[PDB]
Trainee: 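Drug: CR6261 | Macromolecule: hemagglutinin.
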Amino acid sequence: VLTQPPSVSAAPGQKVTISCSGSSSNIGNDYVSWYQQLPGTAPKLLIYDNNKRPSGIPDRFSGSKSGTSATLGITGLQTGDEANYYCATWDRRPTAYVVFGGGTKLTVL
Amino acid sequence: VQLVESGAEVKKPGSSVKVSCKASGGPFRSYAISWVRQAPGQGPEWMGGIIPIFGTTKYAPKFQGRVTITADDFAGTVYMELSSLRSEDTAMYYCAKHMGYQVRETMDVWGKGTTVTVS
Amino acid sequence: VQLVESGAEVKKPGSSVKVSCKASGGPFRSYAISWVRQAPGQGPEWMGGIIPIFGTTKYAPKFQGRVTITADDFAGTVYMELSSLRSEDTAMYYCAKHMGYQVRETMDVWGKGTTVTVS
Amino acid sequence: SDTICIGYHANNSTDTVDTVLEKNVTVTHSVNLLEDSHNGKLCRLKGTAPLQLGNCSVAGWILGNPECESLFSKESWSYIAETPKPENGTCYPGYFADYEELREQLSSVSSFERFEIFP
Amino acid sequence: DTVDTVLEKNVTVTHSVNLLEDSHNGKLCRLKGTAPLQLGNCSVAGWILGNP
Amino acid sequence: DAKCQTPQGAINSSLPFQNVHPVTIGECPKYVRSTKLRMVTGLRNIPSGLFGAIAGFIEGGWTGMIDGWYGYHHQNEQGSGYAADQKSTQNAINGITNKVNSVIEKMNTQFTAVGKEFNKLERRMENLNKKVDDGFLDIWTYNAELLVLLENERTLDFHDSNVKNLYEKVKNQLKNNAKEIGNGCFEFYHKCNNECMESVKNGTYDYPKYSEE
Amino acid sequence: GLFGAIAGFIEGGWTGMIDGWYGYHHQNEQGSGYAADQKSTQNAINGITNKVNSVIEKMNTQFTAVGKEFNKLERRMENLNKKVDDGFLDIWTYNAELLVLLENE
Ligand SMILES: *[C@@H]1O[C@H](CO)[C@@H](O[C@@H]2O[C@H](CO)[C@@H](O)[C@H](O)[C@H]2NC(C)=O)[C@H](O)[C@H]1NC(C)=O
Ligand SMILES: *[C@@H]1O[C@H](CO)[C@@H](O)[C@H](O)[C@H]1NC(C)=O
Ligand SMILES: *[C@@H]1O[C@H](CO)[C@@H](O)[C@H](O)[C@H]1NC(C)=O
Ligand SMILES: *[C@@H]1O[C@H](CO)[C@@H](O)[C@H](O)[C@H]1NC(C)=O
Ligand SMILES: *[C@@H]1O[C@H](CO)[C@@H](O)[C@H](O)[C@H]1NC(C)=O
Ligand SMILES: *[C@@H]1O[C@H](CO)[C@@H](O)[C@H](O)[C@H]1NC(C)=O
Ligand SMILES: *[C@@H]1O[C@H](CO)[C@@H](O)[C@H](O)[C@H]1NC(C)=O
């Protein structure tokens, strides 16, 4: 499974990073995607192919992956950015299956 | 592309429930479709997916043996059937589409989600 | 291939005159078409040409600015419009076809020619 | 020595398709475009049952044959079904004028009301 | 300009032609130099019978 | 409950054609006299062409490659294995699904047609009605059969062309650092580990670096 | 592409070549430049114009058709007339769309 910090908080206008750590079976040998989920809505894909964004995602969202751990980063933080963020990857050894992270709840003050 | 799922369900323990997802556009699709569920106070969870043309299905190890995913291509519909409904199976269910024909970690379009209650 | 032009014209100075050329065969041509004029007691004189499919037009430096050549391809017609008619513009006018799609110095088929008078 | 080769896919399917240059021809994947099965009953369309005449024809139904009196209760339908050789229409011999035009008129009626014009 | 094929849609190209006409002028005109007969308020029966 | 009703029985089907009965009520497919109409989406099955690749200089297919239509088989000091090319398969799938959708879309018209009746002194109108029905049915049967027969030819040539293009794309990358043995395979002059093999299947093979040992 | 050249091993087109469809770009000690091949372009133009002319010629039929009228006791004839009109219109629409779609390929 993938492990994330349970909760991170920051001020508006700050930049904060969320980590996603696991083993060499999921992140050590495969790409990582990042999803955002707001209350009462389906998850929204933020990052794919370990550092790339789809159309409609602002510049302030960025991602990277080093070795085993993958980092998401939000700059210019806004009140609307308070949501749940999930990392996902394609675990592939016994029988490959999509694995999501435990989840990180970001709070604005 | 918009994905629309069938109505909510209230069922008894030990029964089976089948839901469907319908996609807009041409009846034949060039991308894969997966089913995801979320229980209250928990993160998303992958169940299984189906691949176009080849028609091969993949399932998660925990849901293996009691989940069946089928497709009807001339109407553009995908069905998921779950059996031996226990109490913990009450959750919200989504159908999500992939970027290509292969089942991978990246889902770019999601549905609205429908509720299944097992009381 | 036969080329036929519109009737003769008598026009006052300062006006504009438009003539047309019609070619036999299929409406769409694979050769360029040029317009030539000859005043009494003088040799021929090239005015301009039009190229098929690409639709590009070429004009002589003297006639530049007051000659417009157009084509209507579904009827097989080519039009030439001349403006600011001075007294020296009275002459015989021919439409001529080229061997290929490019405007060059070789014209193998000529029309019968029609007269324009400016009095 | 290290080697790399290029190739394509195969399976155990036994489906065949027709080609203008060859017949039979086994392929890996195909779809069927023709339907050839039915269930063999008269069933409901849009939640409404049809009107079954039974032994009566359109003439016997619309004239009030004494043996069709059970059909007066049904006043709305989705379509009308008739037997190949109905037995009771006009019980008294005579000529029915513009009968086929009346059938054509009645084939576009979805409901009516039977009322006493002259008590 | 774009054209549809059986294997793909849209597809920008360098040159093309249009085969369909979709415009009119909105009037009743002369055909071969002769004007039509307009009945106005009358029908064929009123025209041929001699309605006053 | 049903969506279509015939004098023989009711139908649920989303298929574009049927051969049950010409008289229908509801939302129904089109009626033809055909007995078989199957459309190919895959390739020729050789579990042992205009472009000469499939059943050509590449003799047969692979049952060990299951995740795609075209791909590679590699062998080096660390082992062997099969893999599929995702981009080629994706392009082919795009084209094939577009073709099938276009065919389905072009064959939709009106429905819910029922017959008429005539009396003994109206035989000419009856004959005209019958002639119209027969002519339309013949024309549509011809159209459907011809379309299926002609598109089945183009699909197989499309697959053959895709295989040949992939082969040439790989061939023009290795230039003279490898030997062509003529059956679809290449033998490397230098040593190619898993990274070099990945780079070949990647499209970013480094020719100056590996200049024949 | 079926032959792998356009958008294949030749990646893009030239906006500097304006006098034809296919051609050359050269470079030597005296300079560079674009030029077009006239024979290839001429053959292609011949073929394309022939194709368009054939398509235009095959789709010419009769015209000047106007509707009829019927009274209240002639509904079967009216329905037959309507059915004939609709069937012919459907067939010709299908023919035109299929022909254009197949030749564009
Ligand atoms: C054949 O098709 C019809 C309609 O397409 C189906 O009718 C529906 O049946 C369900 C039963 O689960 C009803 O809830 C719907 O209301 C029906 N449709 C309508 C429009 O009323 C019918 O079930 C199909 N037959 C079979 C055997 O599945
Ligand atoms: C091909 O083999 C697979 C694997 O056993 C099997 O599931 C399938 O039924 C076979 N195909 C046919 C047409 O029987
Ligand atoms: C098609 O092939 C099968 C075996 O592959 C054969 O039995 C059959 O006869 C063939 N079809 C015809 C029409 O001969
Ligand atoms: C309907 O007609 C048949 C034909 O004789 C007859 O046997 C049957 O009894 C009739 N039905 C009723 C309800 O009388
Ligand atoms: C065709 O391309 C244009 C831009 O090149 C795009 O705006 C348009 O949406 C495309 N057509 C369709 C049907 O999407
Ligand atoms: C034709 O009818 C209209 C509508 O009643 C009327 O206004 C008009 O005056 C009529 N035409 C003439 C010539 O009176
Ligand atoms: C394959 O290509 C990608 C991007 O083109 C690159 O990031 C990766 O390092 C390549 N892999 C190898 C083994 O060269």
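Letters go in sequence order (proteins before strands), and every chain restarts at 1. Readers should note that the entry appears only in part, and the reported contacts come from within that part.
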Trainee: Please list the parts of the model that make up CR6261.
Mentor: chains A, B and C
Trainee: Name the other chains in heavy-atom contact with CR6261 (chains A and B) below 4.5 Å.
Mentor: D, F
Trainee: Which chain of CR6261 (chains A and B) yields the highest number of non-hydrogen atom pairs within 4.5 Å of chain F?
Mentor: chain B
Trainee: I'm curious about the epitope of CR6261 (chains A and B) on chain F - which residues have a heavy atom under 4.5 Å from it?
Mentor: F/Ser14, F/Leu15, F/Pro16, F/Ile66, F/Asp67, F/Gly68, F/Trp69, F/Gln86, F/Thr89, F/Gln90, F/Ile93, F/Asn94, F/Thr97, F/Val100, F/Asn101, F/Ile104
Trainee: For chain F, which residues of CR6261 (chains A and B) form the paratope at a non-hydrogen distance of less than 4.5 Å?
Mentor: B/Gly26, B/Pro27, B/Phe28, B/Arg29, B/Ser30, B/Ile53, B/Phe54, B/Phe74, B/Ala75, B/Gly100, B/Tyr101, B/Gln102
